[PDB]
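Read the structure below first, then the notes.
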Amino acid sequence: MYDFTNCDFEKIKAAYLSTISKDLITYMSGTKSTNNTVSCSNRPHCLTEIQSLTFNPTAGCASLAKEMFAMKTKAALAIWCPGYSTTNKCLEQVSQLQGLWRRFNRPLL
Amino acid sequence: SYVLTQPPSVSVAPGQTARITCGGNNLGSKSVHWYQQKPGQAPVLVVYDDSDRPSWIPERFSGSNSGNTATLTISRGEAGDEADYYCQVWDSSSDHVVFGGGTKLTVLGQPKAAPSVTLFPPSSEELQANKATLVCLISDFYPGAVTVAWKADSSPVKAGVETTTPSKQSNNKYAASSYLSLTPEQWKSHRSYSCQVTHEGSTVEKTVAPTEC
Amino acid sequence: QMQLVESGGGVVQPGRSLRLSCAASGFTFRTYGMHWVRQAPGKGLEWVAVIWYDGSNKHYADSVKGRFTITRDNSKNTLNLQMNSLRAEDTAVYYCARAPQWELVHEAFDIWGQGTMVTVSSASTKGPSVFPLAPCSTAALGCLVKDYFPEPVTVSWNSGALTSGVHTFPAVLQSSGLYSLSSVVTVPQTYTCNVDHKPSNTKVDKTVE
């Protein structure tokens, strides 16, 4: 229900580059996403999708909230979003997650 | 309204490198995508964001975008690469998706052959039926891509033109037809009509004169 | 497993309405912009319309704006195109394709549907009108088999004329929905083309000069 419209996107990006990214890659056995099934159309939308994939259980993967990258993500949102606060099927989910973060990190004009 | 311009045809020998260009005003400022369409099939993305490949695409395909020209390069051209290729951009100023006209890539299976053209005027019979049809018959050309243009005297004719898609004939070369519909008045009110058939940059022209019929 | 499957295509008369559907599967539909692209026979690709991922914005090409309506259902993963006041120039194969959005930019079309054929025509069974084809001034003559429907017609020349070649060109499908073709014979004797159009039970025999 929470819209990430009022979040501090620049700060969350900085948090990703400094911490969350490394925990994603290590969880991915040292690999980076390149077949996309999920996308995002803007920074508020990306965080909505990142929220769902990171914390909500889906039919195919249990909640990743216990994972390191997930706790780092929870931390970043708690600070910068006001009012906010391994199976083959899970690796596929986290790879989609790297894809969303990549889009979220895109340069401003 | 932004405009992308491609050559209608590009031909390459098997094993040789094919280069399909896409021209547009300050095209280097936009992200150019390329699509492949084999006959009867839906288009397939082969290159996006100027130079990036999808997973399902050979390393033979490569793109580049610079200045006013994007280019799709296909190394070591294979017979299976024969298809129509479209360049495409999203124009932010007009807020439109814009496709290029399309380029037919032909991997040569025989030597290039210029078209032979035959132009017929309207018959005395159909003129009396208050109709008039000029018939331009085009045959024996390869590759199977052609551009047909009509002229009344020296000025082009856009309206009333109907042209077929080139079809492979029994001699394994292509044939095509173009029909120009006129009123009897238009037919008689000109010194000549012309059928311009362009093939591989070279043109074959035929003329008819109403007063000679 | 990522797919787009279309339907709703068919033959209608000008001024009538048609509703196309597109069913997405194997991906999160509600996070992608959806487009309609059409391709007239033997022509290039023409963008038609787009709807944003959340259904918020709908943008059309000028050639269809005010007549076509694009909608989506993100709970059913369905895209639709309501086509009103159809004209002959709307005759085309209609594809749907997904494309990521980023802000106001639409990205590459990575998945396309198989396409559905839409024909706008009032054409009904009709026999051809045959006219002679002779030059204004070796040489060739023939007959023009004009305005018939549906395919096919058969053109046969008299036994005597067929000694130096003959070519019956493929038919042109006009915007009206009617067909026309030409048949030519080579000449340096009588020349008579027999046209048979079984669908209309029409036979025509014309001698050319």
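Letters A, B, ... are given to chains in the order of the sequence lines, protein chains preceding strands, and every chain is numbered from 1. The figures that follow rest on heavy atoms only: side chains count, while hydrogens, waters and symmetry mates do not.
At chains B and C one finds the drug tezepelumab.
Bound to tezepelumab with the most contacts here is the chain that UniProt lists as Thymic stromal lymphopoietin. With heavy atoms closer than 4.5 Å counted as contacts, the residues of chain A facing tezepelumab are A:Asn36, A:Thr37, A:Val38, A:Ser39, A:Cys40, A:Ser41, A:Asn42, A:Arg43, A:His45, A:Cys46, A:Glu49, A:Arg103, A:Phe104, A:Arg106. With a heavy-atom separation below 4.5 Å as criterion, chain A is contacted by residues of tezepelumab C:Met2, C:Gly26, C:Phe27, C:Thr28, C:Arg30, C:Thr31, C:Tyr32, C:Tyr53, C:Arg98, C:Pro100, C:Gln101, C:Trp102, C:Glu103, C:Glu107.
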